[PDB]
Q: 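Here is a structure with ensitrelvir.
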Protein chains: 2
Amino acid sequence: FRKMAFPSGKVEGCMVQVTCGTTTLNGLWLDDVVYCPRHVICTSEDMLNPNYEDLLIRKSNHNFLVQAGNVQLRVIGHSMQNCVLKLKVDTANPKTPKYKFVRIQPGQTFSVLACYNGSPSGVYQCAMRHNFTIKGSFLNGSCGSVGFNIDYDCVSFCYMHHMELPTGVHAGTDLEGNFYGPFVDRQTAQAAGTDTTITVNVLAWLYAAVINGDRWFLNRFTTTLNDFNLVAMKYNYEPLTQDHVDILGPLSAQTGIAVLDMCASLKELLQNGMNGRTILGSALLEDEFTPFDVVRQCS
Amino acid sequence: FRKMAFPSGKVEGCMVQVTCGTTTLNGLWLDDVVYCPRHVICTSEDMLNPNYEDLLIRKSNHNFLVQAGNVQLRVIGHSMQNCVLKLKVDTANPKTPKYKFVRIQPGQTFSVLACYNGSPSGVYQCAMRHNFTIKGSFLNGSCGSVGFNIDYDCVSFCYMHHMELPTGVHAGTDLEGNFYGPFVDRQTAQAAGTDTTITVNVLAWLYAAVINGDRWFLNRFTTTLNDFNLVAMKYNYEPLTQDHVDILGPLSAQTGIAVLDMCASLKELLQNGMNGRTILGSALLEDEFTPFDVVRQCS
Ligand SMILES: Cn1cnc(Cn2c(=O)nc(Nc3cc4cn(C)nc4cc3Cl)n(Cc3cc(F)c(F)cc3F)c2=O)n1
Ligand SMILES: Cn1cnc(Cn2c(=O)nc(Nc3cc4cn(C)nc4cc3Cl)n(Cc3cc(F)c(F)cc3F)c2=O)n1
């Protein structure tokens, strides 16, 4: 098992650079609109405690430099939606894919196209942690890089990168400009909430093991969901939601192992450990493969 | 710090489907030639023990169906170069990138674009191992997927996927059709040579751990190159050369940790184990990052 990103071509053709004075970052060009973090309108002095409403009134269309490669896209309108800037440009992107804007739940994975100065650099899979941060790999100049999933040629954009936290994890918004988690777009020290293990994904990893014939940890017990959630919290595992139980449906049907029976097996592993035994050739439980990721790799 | 692949868009526009009878796999369309594994000309009976020159002489151009998306390309010529079939087509691929064909050395990494029926499915980083296998993520229908590196807009193709060995590792050729390793393109069980660990890559990754703030494995011991290499060989690690030491120069400069001091750290890890601790979230010693991979992602 390894982390597999979606092919990035449909997103590469949408990346542009957006510059305001000397502040520069990445934006996303879809039809005739460029979406980017509103942080671009900040001078160095504004980044600590920006007054975004005040900073925008000073700005006119001709203050925004938008470039696809070295080709300038003239801005003909600008607005602010939550923490994203929307720049209307005079050219509709001929490479615009079929796309949606989605807001993802914690545990869900997505592909990140890391970009610098509008130029795509690399692609990798990330998971949204339950404290609404991601353990990404980002350098300076990456602000505005996006995260996405692809279903049947349709790109669902779910993340726009804004900042690095002191602990080295990363925080950002959806493509409507709403932050994931309790963060704000200022250059101030903000702490990630305490992280938890992503229970739904650990359960998917256990189903993956079963599919590949590694099933020693299957015990003879069952549990209720309420009983399991209360126990899981004592081991810094996330409580399961009703949506979590349902996205485990396909793996449960494939293996014939009821979701609640697998929760009982996981509860046993938490209360007693693994005793030098491995699962999928590993002594650590993996929590960054979703049920969908598992089916992608197994079938 | 993460395993990061190159953006795949320049390769996506070159993937097509090749079909001969009921046998089908992926091909690479560059200018007016489609490159694909010659295994495509085998029926299920042929696959077990194929005489390829005999099989190819009995084929005509119209025995080859090539589809790019929904568009059918007409084959107007064919030839075989080692294990690679070259189909001349009546249309040049307008999305052909600047490209080269290169044969890589063990320890070097590349990006894989996994494809099924000519449609790209995922992208991830792999390394050529010392026994000329790769630990990929490939399912049925992935034959003909390619591996590549991207250097300022030029795609250097280095791998064409052929088969999965009974241990689950993968084997393939360069784009001139020569296998990496002692394998042949026939459906028979094939084992690889002993899998020696890429020592210079493990050292690069330990330097990545330091650069990313993890230092528990460092120590005050010292070692000579030969004394380290004695322990390395004992543990089936590749001997470290002065060229490897030189290549690690920039990382030792950045961290102030001498290369032979990092060797002392690795020697203890090999002799004592990790004591349940982890490095960069991994419970085992990672050997699929090159010094350049670490430099590029950390800077
Ligand atoms: C190491 N790292 C990992 N992720 C990041 C993301 N990131 C970023 O790329 N840039 C940021 N500040 C800027 C500085 C600029 C200097 N010039 C010339 N232009 C610049 C543009 C930007 Cl955006 N930041 C900091 C940051 C960005 C925000 F959007 C925000 F709301 C708060 C912040 F503190 C940053 O985190 N760097
Ligand atoms: C599980 N896995 C991981 N990697 C692979 C790659 N792979 C593959 O995709 N296909 C193969 N055999 C074929 C069967 C076909 C059935 N039809 C209808 N069409 C087919 C086309 C192919 Cl290529 N193989 C096996 C294989 C492929 C070779 F190129 C070879 F030289 C020897 C082999 F044993 C395969 O490994 N599968």
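In this entry the chain letters A, B, ... are assigned according to the order of the sequence lines. To match the PDB entry, the residue numbers of chain A are left as they are there, and the shown ones run 3-301. Note that chain B is numbered according to the PDB entry, with residues 3-301 shown in order. All values below come from the heavy atoms of this structure, side chains included, with hydrogens, waters and symmetry mates left out. Just follow the structure's listing: the first ligand is 1, and inside any ligand the first atom is 1.
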Q: Hmm, which bits of this model belong to ensitrelvir?
A: ligands 1 and 2
Q: Which chain is the chief contact partner of ensitrelvir (ligand 2) here, given by its name in UniProt?
A: 3C-like proteinase nsp5
Q: Which chains, by letter, have non-hydrogen atoms under 4.0 Å from some atom of ensitrelvir (ligand 2)?
A: B
Q: Hey, which residues are hanging around ensitrelvir (ligand 2) within 4.0 Å, heavy atoms only?
A: B:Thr24, B:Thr25, B:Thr26, B:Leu27, B:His41, B:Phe140, B:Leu141, B:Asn142, B:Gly143, B:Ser144, B:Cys145, B:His163, B:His164, B:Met165, B:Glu166, B:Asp187, B:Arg188, B:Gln189
Q: Polar contacts were defined as any N/O atom of the residue lying under 3.5 Å from an N/O atom of the ligand; does this apply to B:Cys145 and ensitrelvir (ligand 2)?
A: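 Right, the criterion is met.
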Q: Is there at least one pair of N or O atoms, one from B:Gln189 and one from ensitrelvir (ligand 2), spaced under 3.5 Å apart?
A: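 N/O-N/O distance below 3.5 Å does not exist for this pair.
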Q: Protein non-hydrogen atoms only, distance under 4.0 Å: does atom 20 (C) of ensitrelvir (ligand 2) have such a neighbour?
A: yes
Q: Please determine if B:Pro39 has a nitrogen or oxygen closer than 3.5 Å to a nitrogen or oxygen of ensitrelvir (ligand 2).
A: no
Q: Can a protein heavy atom be found under 4.0 Å away from atom 30 (C) of ensitrelvir (ligand 2)?
A: yes
Q: Look only at interatomic distance and state if B:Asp187 has a nitrogen or oxygen under 3.5 Å from any nitrogen or oxygen of ensitrelvir (ligand 2).
A: no
Q: Look up the UniProt domain of chain B with the most contacting residues for ensitrelvir (ligand 2).
A: Peptidase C30
